[PDB]
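Structure showing bortezomib (bound form) engaged by Proteasome subunit beta type-1.
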Amino acid sequence: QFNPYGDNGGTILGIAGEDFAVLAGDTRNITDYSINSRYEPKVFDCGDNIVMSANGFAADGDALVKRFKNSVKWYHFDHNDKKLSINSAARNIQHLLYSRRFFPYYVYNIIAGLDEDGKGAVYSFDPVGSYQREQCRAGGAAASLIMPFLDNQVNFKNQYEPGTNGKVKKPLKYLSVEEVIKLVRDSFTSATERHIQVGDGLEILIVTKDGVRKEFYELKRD
Amino acid sequence: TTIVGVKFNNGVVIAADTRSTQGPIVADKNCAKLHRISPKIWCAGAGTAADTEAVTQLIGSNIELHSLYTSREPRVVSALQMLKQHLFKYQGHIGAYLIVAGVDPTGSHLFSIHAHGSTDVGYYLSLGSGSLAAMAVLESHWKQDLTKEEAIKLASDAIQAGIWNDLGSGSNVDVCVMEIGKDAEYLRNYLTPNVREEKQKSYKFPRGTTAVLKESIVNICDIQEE
Amino acid sequence: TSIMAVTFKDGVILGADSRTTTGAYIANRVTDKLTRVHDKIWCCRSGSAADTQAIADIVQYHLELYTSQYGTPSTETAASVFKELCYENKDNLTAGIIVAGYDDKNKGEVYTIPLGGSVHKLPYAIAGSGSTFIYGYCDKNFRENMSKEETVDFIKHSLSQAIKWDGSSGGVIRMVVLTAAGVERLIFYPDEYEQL
Amino acid sequence: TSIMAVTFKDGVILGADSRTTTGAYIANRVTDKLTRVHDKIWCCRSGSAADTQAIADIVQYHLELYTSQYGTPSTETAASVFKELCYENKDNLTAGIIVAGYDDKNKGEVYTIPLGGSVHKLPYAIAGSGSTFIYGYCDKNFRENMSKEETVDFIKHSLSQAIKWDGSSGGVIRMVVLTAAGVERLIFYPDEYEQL
Amino acid sequence: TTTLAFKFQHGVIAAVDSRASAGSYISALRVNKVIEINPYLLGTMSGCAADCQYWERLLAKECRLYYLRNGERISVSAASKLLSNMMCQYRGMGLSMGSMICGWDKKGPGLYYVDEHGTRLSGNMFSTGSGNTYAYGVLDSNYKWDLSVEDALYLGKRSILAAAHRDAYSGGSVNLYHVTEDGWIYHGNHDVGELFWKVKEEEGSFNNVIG
Amino acid sequence: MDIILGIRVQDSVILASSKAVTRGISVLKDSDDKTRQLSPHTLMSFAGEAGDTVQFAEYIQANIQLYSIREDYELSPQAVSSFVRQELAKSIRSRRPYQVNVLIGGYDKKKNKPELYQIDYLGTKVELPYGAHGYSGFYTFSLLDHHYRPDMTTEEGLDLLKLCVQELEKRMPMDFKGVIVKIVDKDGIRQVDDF
Amino acid sequence: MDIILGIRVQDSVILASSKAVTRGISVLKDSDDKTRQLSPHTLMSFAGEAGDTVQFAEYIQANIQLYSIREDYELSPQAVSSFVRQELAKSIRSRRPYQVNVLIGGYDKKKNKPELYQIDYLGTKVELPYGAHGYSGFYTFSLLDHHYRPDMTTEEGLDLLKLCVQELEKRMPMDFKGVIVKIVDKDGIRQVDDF
Amino acid sequence: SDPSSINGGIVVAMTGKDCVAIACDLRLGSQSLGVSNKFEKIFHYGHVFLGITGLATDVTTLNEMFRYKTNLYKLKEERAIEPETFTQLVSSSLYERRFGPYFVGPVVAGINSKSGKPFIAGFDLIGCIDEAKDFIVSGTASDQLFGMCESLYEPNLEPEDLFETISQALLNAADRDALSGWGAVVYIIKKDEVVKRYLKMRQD
Amino acid sequence: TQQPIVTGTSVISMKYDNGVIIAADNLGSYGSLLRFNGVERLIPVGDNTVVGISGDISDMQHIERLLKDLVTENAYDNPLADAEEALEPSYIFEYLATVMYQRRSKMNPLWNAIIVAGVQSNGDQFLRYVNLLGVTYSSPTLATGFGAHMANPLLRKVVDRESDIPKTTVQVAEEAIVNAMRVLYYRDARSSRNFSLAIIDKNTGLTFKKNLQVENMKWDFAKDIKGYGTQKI
Ligand SMILES: *[B]([O])([O])[C]([C][C]([C])[C])[N]C(=O)[C]([C]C1=[C][C]=[C][C]=[C]1)[N]C(=O)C1=[C]N=[C][C]=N1
Ligand SMILES: *[B]([O])([O])[C]([C][C]([C])[C])[N]C(=O)[C]([C]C1=[C][C]=[C][C]=[C]1)[N]C(=O)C1=[C]N=[C][C]=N1
Ligand SMILES: *[B]([O])([O])[C]([C][C]([C])[C])[N]C(=O)[C]([C]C1=[C][C]=[C][C]=[C]1)[N]C(=O)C1=[C]N=[C][C]=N1
Ligand SMILES: *[B]([O])([O])[C]([C][C]([C])[C])[N]C(=O)[C]([C]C1=[C][C]=[C][C]=[C]1)[N]C(=O)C1=[C]N=[C][C]=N1
Ligand SMILES: [Cl-]
Ligand SMILES: [Cl-]
Ligand SMILES: [Mg+2]
Ligand SMILES: [Mg+2]
Ligand SMILES: [Mg+2]
Ligand SMILES: [Mg+2]
Ligand SMILES: [Mg+2]
């Protein structure tokens with residue numbers, strides 16, 4: 001019997017800062033126990049200061065991104081070159097995903113950028129189109145490895161202030177872009193160690209009011 | 001898993017990677033797949049890890065008793081025969097896929113054995129999920145009349161092919177050299193091409209960060225006098 | 001697998017390819033499927049490698065013990081021991097074996113034992129997945145009382161074609177000659193038999 | 001079923017057995033599997049009798065309409081119409097067809113169309129359940145530019161062996177000769193071809 | 001998931017947990033299981049998040065169009081029925097949605113339960129999701145029509161806590177809503193971890209647990 | 001849903017229907033009315049798969065109400081029952097059938113006779129003095145077979161109905177949360193508020 | 001069978017067990033006592049597959065009674081619970097396991113403490129202040145979590161138990177025909193004949 | 001259905017400077033239903049500590065079995081069993097049930113009384129030994145624990161620093177697992193003193 | 001949904017400093033029967049692209065016809081059909097990728113794995129993969145089927161990352177490809193000795209080599225191998 005779905009592995013990570021946002025993802029592409037590519041870009045600049053990554057079944061991922069990029073183009077045509085806000089992009093993507101409710105896009109999708117007040121924004125989607133704005137989200141193969149670490153090191157969960165013994169929580173101080181990138185690199189380095197589908201390379205897209213910047217880092221190739 | 005065996009001029013060498021997995025998760029990054037059946041008979045194992053260790057320890061135990069009974073050094077054909085008859089009896093359910101090698105009074109030997117009990121003879125062999133990547137290297141670079149140095153290089157290169165190209169294999173390369181008229185040299189972590197880079201940050205917490213409810217001394221000592 | 005055994009004037013010759021496969025992967029390209037169970041009683045093995053090895057080892061043990069007590073066993077006797085194992089354990093075995101041997105009294109003999117564990121004495125026999133493609137060729141080209149050189153050519157040409165068409169067959173063509181003169185091993189490489 | 005088509009110096013010859021089976025029962029022992037789709041374009045049929053008849057009838061209709069508009073179609077064109085039907089309806093069909101024809105420009109041509117609906121132009125082709133047993137024989141004995149008499153003997157000997165070993169093949173050996181001279185039908189009975 | 005809603009003297013209370021799971025893995029600690037359809041309509045969520053979000057945001061479209069055509073706000077009865085009719089079209093196709101439509105209309109407070117089978121039930125009190133049995137225990141033994149807004153808010157809050165504690169697939173935080181004739185009023189997000197200990201001390205409950 | 005009973009006495013038809021609705025392992029409601037008035041002198045109770053029941057009942061109700069307005073005339077219970085049967089017989093061979101069993105209790109004003117029709121989801125219609133769907137009849141029919149007369153009063157019909165419910169409450173494993181009872185006679189439809 | 005509850009208060013253990021037994025679609029009995037006295041101060045209630053329950057309970061009873069006679073001494077509730085657990089852990093890997101869940105309520109005369117042990121058919125033992133098997137806990141644990149104190153009297157324990165049964169009777173689809181309640185304390189075992 | 005995830009639970013162990021730590025959650029459940037918040041999964045036989053995750057009946061059974069075997073060992077050997085020796089005993093005992101295994105994920109932790117060397121080990125349900133230098137994880141949130149340990153851990157931590165690291169690894173892993181939590185315990189082990197600490201965590 | 005009948009095995013390829021190389025054997029297998037020995041599985045499109053196809057042969061022939069029609073269609077009303085508006089490798093691939101993903105989305109796939117090798121207008125190397133699922137990826141080396149398991153490891157030793165491409169000559173690249181084809185003949189049971197090889201260079205253009213054979217094979221060591229363990233004769 002023909003199975004229309006497949007698993008291309010990979011892992012993605014979105015973090016929302018105070019006035020910035022990052023969307024990272026490894027560059028390894030796989031089937032079963034083989035490597036297809038050590039460098040196959042997974043996070044894309046979709047225009048209007050929005051970055052996107054559809055992780056899971058690569059064919060459905062490429063199709064969704066391609067259709068969203070198209071939706072941005074036609075949004076400009078239809079509404080006098082108006083900038084598509086991150087919240088509007090998120091709602092649009094829900095309807096793209098739910099159009100295939102009974103034959104879904106097999107991907108976990110994340111977009112990142114800035115909201116209309118200039119603050120950092122990350123939105124997270126399931127394969128059938130449920131979505132929500134988040135401060136922090138890991139998606140894909142090693143998502144379960146990374147998220148707990150981010151609960152601890154980004155939202156300071158289970159961390160209290162010394163001397164008080166559980167009475168006073170660690171205050172939720174904001175993180176700089178340099179601090180976030182450190183947590184991203186350590187997350188993927190740790191994921192690479194314990195997850196066979198994670199490795200080769202790490203590509204990070206950083207979004208600020210100035211635009212979209214890229215950073216690349218090597219990961220272990222075994 | 002990637003394991004290989006290569007014959008050379010005056011002996012035989014075996015090698016293996018050090019990765020163990022359950023699904024897509026790595027359980028052990030530096031696992032030992034090279035086993036000692038007897039001092040100069042070693043085997044590499046792929047498949048179910050508990051099975052490769054258990055079947056190897058059992059036959060190794062019986063080989064030791066046999067050696068004592070006969071006042072002779074153990075032979076590779078004996079270990080081979082005892083392993084295959086044991087595995088055949090369990091009709092493939094004991095998931096041990098082994099490369100058996102060694103030196104004995106008859107000379108140097110190299111065999112493979114599958115879980116259902118079939119054995120094979122060869123100058124170069126490979127087993128495991130990365131056996132295709134390793135065999136590609138072996139088929140490209142192997143030749144008759146290899147030296148000890150050339151064979152170690154070929155064997156480790158074959159393992160590396162598995163490490164880099166097979167997701168079921170990774171981390172380090174273990175080697176064991178069995179030369180005629182010499183002690184077998186077990187080279188644990190012969191290559192270390194996958195050391196983790198320094199982390200960007202230290203995650204050492206301030207003392208008192210974790211909330212505690214109760215403390216108590218655990219009595220590990222025995223009942224005391226007086 | 002492509003195996004065959006052929007009787008001729010001076011005795012019998014066994015022939016085999018050298019390919020062992022796990023699906024489409026060639027696990028061993030230089031396999032020896034021609035197996036000795038006694039000095040001048042050999043067998044060709046097809047099917048499960050584990051099963052046919054286990055059987056041949058048990059048979060070799062039986063014939064070694066037979067020899068210690070009653071002297072050299074006949075080829076028919078060896079075929080009977082194979083049969084007993086293959087028939088009684090038919091539910092759990094996958095073994096297609098050809099038994100070939102040389103006596104001085106009976107000369108060259110060939111017995112084929114297919115899956116069910118039945119025995120068939122024949123002038124020549126073919127077996128394995130690749131044998132299907134040479135039923136026509138072998139039936140047309142086989143003659144009784146051929147010479148050693150003619151029999152070698154017959155097996156070489158036959159297995160060449162079986163290898164050509166069968167994906168499960170390949171590598172070198174191994175042969176074992178059984179006569180009064182002794183036991184001779186032959187080998188023929190791809191560059192030789194592919195151009196036939 | 002044992003079918004084949006062979007090109008030779010003066011054109012092409014089609015050959016077939018005459019057995020149709022429902023399991024082990026022979027439903028027809030005098031079947032005509034050599035089918036005409038145009039004056040000098042014929043086909044050999046294997047697989048489902050219903051499917052291959054339905055296909056051949058549709059093809060004959062297509063080539064009759066082609067002829068009324070554009071004149072005599074080529075053998076390649078006939079093979080393409082067969083292919084289109086076999087490929088596009090591959091999920092619901094079980095048909096193994098060999099297409100053979102004679103042009104004056106192109107002379108004798110043979111196209112084989114296996115289950116998937118792929119097309120393969122060959123000097124000669126064999127198909128059907130019984131073809132497996134003569135891959136070795138046919139590969140060894142086929143030559144290009146044979147005479148009519150040599151080609152008839154080649155097909156007769158080949159199908160004789162296919163019939164001998166295949167239970168799904170039997171009866172008479174039918175043949176159709178396609179040359180510039182015209183269309184000749186031949187038939188060979190069991191007493192003739194069994195003693196070969 | 002645990003959701004509840006109940007009618008009382010001064011309107012209707014709506015309370016929900018915040019957990020989302022994928023097998024044993026807790027995929028989200030803080031999901032919003034209440035949708036603000038309009039200032040006088042709320043909808044809870046249980047089942048498939050996508051189905052709940054899509055079909056209840058589509059319900060809000062239809063309720064808005066009702067207001068524009070008629071110039072009047074849609075009733076809770078009519079709104080709940082529109083939604084139940086949507087489910088009936090995809091009847092059998094595999095949707096998974098359990099929700100309560102809460103509001104205040106001309107007849108006073110209204111509460112309807114709707115699920116993927118097309119079921120539509122009017123009632124005073126409902127609870128849905130994996131942890132609904134635990135919430136019903138607290139609700140049934142403490143519910144009165146004579147409840148104050150303060151006590152009613154606490155009851156719904158305490159009922160979700162009960163479920164969050166025992167049900168493995170319920171937890172995270174509690175979202176409270178109070179629906180009046182002047183519209184719904186959000187009464188905050190309440191972490192269960194902090195709420196559990198607070199309730200344990202002040203109420204004396206959960207003696208079995210050590211704190 | 002679970003339980004629906006019907007009995008035709010001298011001058012009326014009495015329908016009794018359970019109040020329970022269950023989702024998963026939890027009883028969501030214990031006051032559910034499993035019935036719809038099709039016309040002033042015709043009542044239909046129903047039981048079957050979740051959702052389908054109410055959907056089908058309301059669809060039938062709308063059709064009969066449409067007929068009533070168009071002709072300014074009430075269809076006889078027999079005519080309504082035949083219309084309902086046809087819709088179910090139509091439905092059973094559809095892509096997704098409506099899994100609904102019904103009882104139709106009506107008072108024919110022309111003949112001055114009460115009438116009870118039992119129709120299952122296949123479209124199997126029978127006119128009966130008393131009827132039930134599912135397992136209900138297994139417990140209750142022996143009592144009805146014994147005690148039923150055609151000249152019974154409405155009060156005697158209710159007493160025999162109480163005995164049936166008591167037997168159900170004793171021997172059924174499921175708690176159906178009592179029954180809502182309704183009476184259909186010459187004056188129309190009314191509910192017995194204490195049962 | 002269906003429902004078994006247990007609660008350990010200050011000076012006693014209270015076990016409540018349903019009275020219903022169902023074969024096919026018919027309730028055969030509404031007064032069944034799903035319990036066995038293992039020793040004068042140890043009571044075991046049980047629920048699971050038909051037949052296995054009583055068989056297992058009586059087998060345990062015989063073993064404890066044999067021990068009592070041999071040593072002229074009553075085993076502690078803890079010791080009995082461990083013996084029972086081992087028998088179930090032994091049973092789960094047998095050819096045909098005994099599909100039985102139990103609660104063991106006992107009063108330890110040495111420590112002067114009531115003790116409640118919950119053991120499922122796999123041999124999963126836990127000591128608890130209150131416990132249940134099957135779906136019973138889904139309805140009742142929220143009430144127990146709220147109202148339970150360790151210094152409760154026997155009378156307060158019975159009142160909290162009544163509230164649990166009332167909640168079950170409201171929200172469970174199955175009619176379990178009420179419960180038999182038994183109290184285990186320093187004076188032994190007694191049944192509450194009005195509940 | 002899956003025996004290894006019916007009851008839920010986790011165990012994690014870590015090495016430090018002249019010390020080891022082993023920790024576990026306190027939950028026992030019946031799938032979605034939480035049954036007990038006092039089900040400790042760490043046991044000790046002399047100075048050797050054993051944590052066991054998986055099917056609760058087998059956890060209890062194996063504890064009773066290793067208590068049985070270590071008590072006999074001590075009577076015959078006239079000394080307490082060491083971590084290295086106990087690790088082999090666990091492996092041997094699990095493999096004897098190769099085709100009818102205990103559905104468990106054991107974890108050994110302790111310090112050799114003669115050499116003073118810290119030791120940890122993990123096993124699969126059938127005896128394979130994972131003798132790690134850094135850390136061992138087991139249970140329904142093992143993926144979560146691997147991610148926490150692999151990022152938070154660093155070698156040669158002092159006992160009071162190691163406590164914070166292992167506690168935060170357990171707590172945050174458990175808070176991303178539906179079948180783990182409901183309390184937690186941490187053992188800090190030195191050559192001749194062992195401290196046991198119950199942690200405060202969210203109870204959902 | 002169908003099943004593949006007549007099938008082609010591995011297609012292998014790699015980038016080098018001035019272009020790309022692609023190779024595939026000439027066999028059309030019918031299960032374990034090595035049925036057809038003269039099948040061309042490399043199909044050139046113009047003078048700048050070669051499409052290598054594995055899997056179902058009937059579907060391959062269908063794709064071959066689509067490409068032939070694509071060339072015909074591109075020339076229509078196109079004065080620059082042999083110049084600026086000629087078909088590019090990227091155009092040909094994206095077309096095939098669109099078709100493959102559409103066919104899988106109708107649950108009626110083309111049962112193939114395809115590699116499009118070529119050189120773009122600006123001289124850039126093009127090498128991308130697509131299969132029956134519509135999955136696409138690019139890498140310095142690409143291979144289908146058994147080639148992915150055996151060829152890629154060998155070819156990645158020559159070009160391990162992007163920076164190794166300019167350092168790799170056409171002689172070294174072809175040597176590696178030819179060696180890989182020998183290894184596949186040793187180890188793949190559905191392979192043949194005869195194969196085709198194509199080189200697309202930005203300077204020397206398209207070079208298509210037919211009737212190549214695997215040579216320099218090692219078999220002599222087989223004579224020393226006897227029995228399966230204890231046998232000496
Ligand atoms: B290798 O991949 O063949 C390797 C060789 C082994 C001797 C270390 N095998 C494993 O890593 C196996 C893979 C496997 C997974 C599931 C079932 C059977 C085999 N892993 C283990 O044996 C294993 C997994 N988790 C813990 C311990 N051991
Ligand atoms: B031959 O193909 O029959 C061959 C003969 C054997 C004695 C070496 N058998 C095999 O290669 C079998 C598979 C098989 C192929 C075709 C027909 C029947 C069976 N292989 C094995 O037994 C095998 C393969 N890999 C590892 C171990 N054993
Ligand atoms: B031949 O065996 O392929 C033959 C060719 C046919 C065109 C006359 N086919 C059959 O005899 C088939 C069965 C079959 C046998 C072997 C391979 C494939 C198919 N039989 C029929 O189609 C048939 C039989 N009885 C009645 C009607 N049709
Ligand atoms: B709740 O459990 O019903 C919850 C409500 C939803 C609105 C968030 N649903 C889920 O958690 C479901 C799984 C589930 C658990 C228990 C009962 C029923 C369903 N998960 C999701 O909907 C989901 C969606 N995307 C990602 C992860 N989980
Ligand atoms: Cl063999
Ligand atoms: Cl026909
Ligand atoms: Mg990795
Ligand atoms: Mg071959
Ligand atoms: Mg015949
Ligand atoms: Mg229990
Ligand atoms: Mg919870």
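Labels below follow one simple rule: chain letters A, B, ... track the order of the sequence lines, proteins then strands, and each chain is numbered from 1. This entry, so its header tells us, was determined using X-ray crystallography, 2.5 Å. Computed from heavy atoms alone, side chains included, the values below leave out hydrogens, waters and symmetry copies. The entry is not shown in full; contacts are counted within the portion that is. First listed ligand is number 1; within each ligand, the first listed atom is number 1.
Within this structure, bortezomib (bound form) can be identified as ligands 1, 2, 3 and 4. Other chains reaching under 4.0 Å from bortezomib (bound form, ligand 2) with at least one heavy atom: B, C. Around bortezomib (bound form, ligand 2), within 4.0 Å by heavy-atom distance, are found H114(B), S118(B), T1(C), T20(C), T21(C), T22(C), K33(C), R45(C), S46(C), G47(C), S48(C), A49(C), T52(C). Below 3.5 Å of separation, one finds no N or O of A27(C) facing any N or O of bortezomib (bound form, ligand 2). Apart from bortezomib (bound form, ligand 2), the ligands and ions with atoms under 4.0 Å away are ligand 5 (chloride ion).
Within the deposited model, the covalent partner of bortezomib (bound form, ligand 2) is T1(C) OG1. Under the 4.0 angstrom criterion, atom 17 (C) of bortezomib (bound form, ligand 2) counts as lacking any protein heavy-atom contact.
Atoms of bortezomib (bound form, ligand 2) found under 4.0 Å from any heavy atom of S118(B) (numbered from 1 in listed order, with element): 27 (C), 28 (N). The organism that the entry gives for chain C is Saccharomyces cerevisiae (strain ATCC 204508 / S288c).
Nearest protein heavy-atom contact of atom 20 (N) of bortezomib (bound form, ligand 2) is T21(C) O, 3.2 Å. Bortezomib (bound form, ligand 2) has no nitrogen or oxygen under 3.5 angstrom from a nitrogen or oxygen of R45(C). Nearest to atom 1 (B) of bortezomib (bound form, ligand 2) among the protein's heavy atoms is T1(C) OG1, 1.4 Å. Of the UniProt active-site residues in chain C, the closest to bortezomib (bound form, ligand 2) by non-hydrogen distance (1 Å) is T1(C), 1 Å.
Between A50(C) and bortezomib (bound form, ligand 2), no N or O atom pair is found at a separation short of 3.5 Å. The name for chain B in the entry is Proteasome subunit beta type-2. From the protein, the heavy atom lying nearest to atom 19 (C) of bortezomib (bound form, ligand 2) is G47(C) O, 3.6 Å.
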Which protein N or O atoms sit under 3.5 Å from any N or O of bortezomib (bound form, ligand 2)? Give each pair with its distance.
from	atom 1	to	atom 2	distance (Å)
bortezomib (bound form, ligand 2)	2 (O)	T1(C)	N	3.1
bortezomib (bound form, ligand 2)	2 (O)	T1(C)	OG1	2.3
bortezomib (bound form, ligand 2)	3 (O)	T1(C)	OG1	2.4
bortezomib (bound form, ligand 2)	3 (O)	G47(C)	N	3.1
bortezomib (bound form, ligand 2)	9 (N)	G47(C)	O	2.9
bortezomib (bound form, ligand 2)	11 (O)	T21(C)	N	3.0
bortezomib (bound form, ligand 2)	20 (N)	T21(C)	O	3.2
bortezomib (bound form, ligand 2)	22 (O)	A49(C)	N	2.9
bortezomib (bound form, ligand 2)	25 (N)	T22(C)	OG1	2.8

